[PDB]
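Structure showing verinurad engaged by Solute carrier family 22 member 12.
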Amino acid sequence: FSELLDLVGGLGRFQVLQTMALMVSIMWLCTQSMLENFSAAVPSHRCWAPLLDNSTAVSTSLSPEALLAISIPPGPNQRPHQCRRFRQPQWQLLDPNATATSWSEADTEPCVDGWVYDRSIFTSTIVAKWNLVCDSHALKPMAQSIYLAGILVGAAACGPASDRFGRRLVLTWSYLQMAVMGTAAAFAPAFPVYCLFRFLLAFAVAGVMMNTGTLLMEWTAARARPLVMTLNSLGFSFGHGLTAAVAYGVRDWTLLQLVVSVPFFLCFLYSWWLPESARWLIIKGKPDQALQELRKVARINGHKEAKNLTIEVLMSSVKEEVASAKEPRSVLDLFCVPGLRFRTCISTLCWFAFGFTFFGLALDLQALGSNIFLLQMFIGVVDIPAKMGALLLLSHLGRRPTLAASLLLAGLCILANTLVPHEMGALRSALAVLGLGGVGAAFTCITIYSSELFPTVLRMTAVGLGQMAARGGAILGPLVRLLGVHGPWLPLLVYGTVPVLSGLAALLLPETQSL
Ligand SMILES: CC(C)(Sc1ccncc1-c1ccc(C#N)c2ccccc12)C(=O)O
Ligand SMILES: *[C@@H]1O[C@H](CO)[C@@H](O)[C@H](O)[C@H]1NC(C)=O
């Protein structure tokens, strides 16, 4: 097949333009995925109390601190209890002579009158709008997990649909669905509707990712292919910084969601100018349309070759693809081969570790540090050089030590956040940034490495297994946080042990550098 690109030009003006456009689309995609850090931030909260909140009631010489103590008992975090209040005002607690032994838990009640939230940092968030707190605290990670599960469903759907309807058309309708579902998610009235709309948005996102990957690889020459995939991965690194920049200015989750959704309308517009997959069309036996697209691309590259192509070379040079694609090969076939089974196990577990760790950590930054805006921007800042160095090291030390070191370093960096004492926020934030950068480098390493571990026929199906495993682990990511009720060390230790274990497994993979 390559000869057609070598004729039309495999890395010309057209490829540069298309790469820039799809990288921009991925930037906005990353903003969409990161948003739940800022759209669902948990502001500090307490029960509503008659003395504290009824501004028309009798004011007194007592300051707000003393009244707060008179109204609400202390919680485990050496801070006001976040879910219950005193049944009757504890005037006896005004004195320093008082002791907490004076009040029974029977003297306390849950927030019958609802909650009061801090508005200083975020003006409005999902948590404060639909009271996803206390008894309902499980629902926030539930929302994140549902969003991530929509991606698994979307991939399983968009595979067949993309083959039936073509890459560009599915990408276009995916952009449109992202726009419509996202703007609806901003205005939605009630939490079930928000869950539904986030799920459909995930259904769109899966298609965007898969079809972008397919479209870039088809039009890119073989030797430049890893670099193009690396740029597609750097799009997310820039997306982190974009999320920080947007969230700093916009503090209202309705407006934030609306702002990050609208740009996808523009992608719907300019995706109409991009060309359809040539290989898909030729497989569909339509050489006239494929040749129209090809000579259009050649015109963009300014070549003379528009006068030289014929349908016979177009069809014949793809005859091998047409013949080989007929075979009934899927995941079950991959598991049969004696020499491939161990490779499959370890590769799948590496994808699983990536999804698990990244979507566990990157969506609750509020727990890893002290200022989530700067933490987001620094995740971007560290991810960029981490991925570029990952490429520059992967091409020299071999896939095996590069991937193994990436995963092991990421896991050990995250584990360090358990051991460093809670109050040292600066060092903890730095370690968290480094760990997430390590996971990004591991993503690049595994993307390139998995493509080489398998024979050319099974390559794409094995990559499919890997991606599905990554999404499966991402779904479990958020649920791990529910264990945090028993303490913060347990969720973070679970997040840290898995990537280290998979890294020690990655060390056993066969090398594939051209040694
Ligand atoms: C889960 C994956 C494998 S990826 C994905 C899906 C949804 N949200 C974000 C990402 C994502 C996470 C880390 C990356 C890194 N480094 C990255 C790079 C490029 C594109 C997406 C990601 C998929 O379903 O395809
Ligand atoms: C607030 O205090 C005023 C004081 O006159 C009272 O009339 C009113 O019922 C109170 N409302 C609430 C909700 O506490």
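Note that chain A is numbered according to the PDB entry, with residues 3-517 shown in order. Structure method, as recorded: electron microscopy, 3.7 Å. Order of appearance sets the numbers: ligands from 1, and atoms from 1 within every ligand.
Every copy of verinurad included, the relevant parts of the model are ligand 1. The source field of the entry for chain A reads Homo sapiens. Here no covalent bond joins verinurad (ligand 1) to a chain. Among UniProt's transmembrane segments of chain A, counted from the N terminus, heavy-atom distances below 4.0 Å from verinurad (ligand 1) occur for 2, 4, 5, 7, 8, 10, 11.
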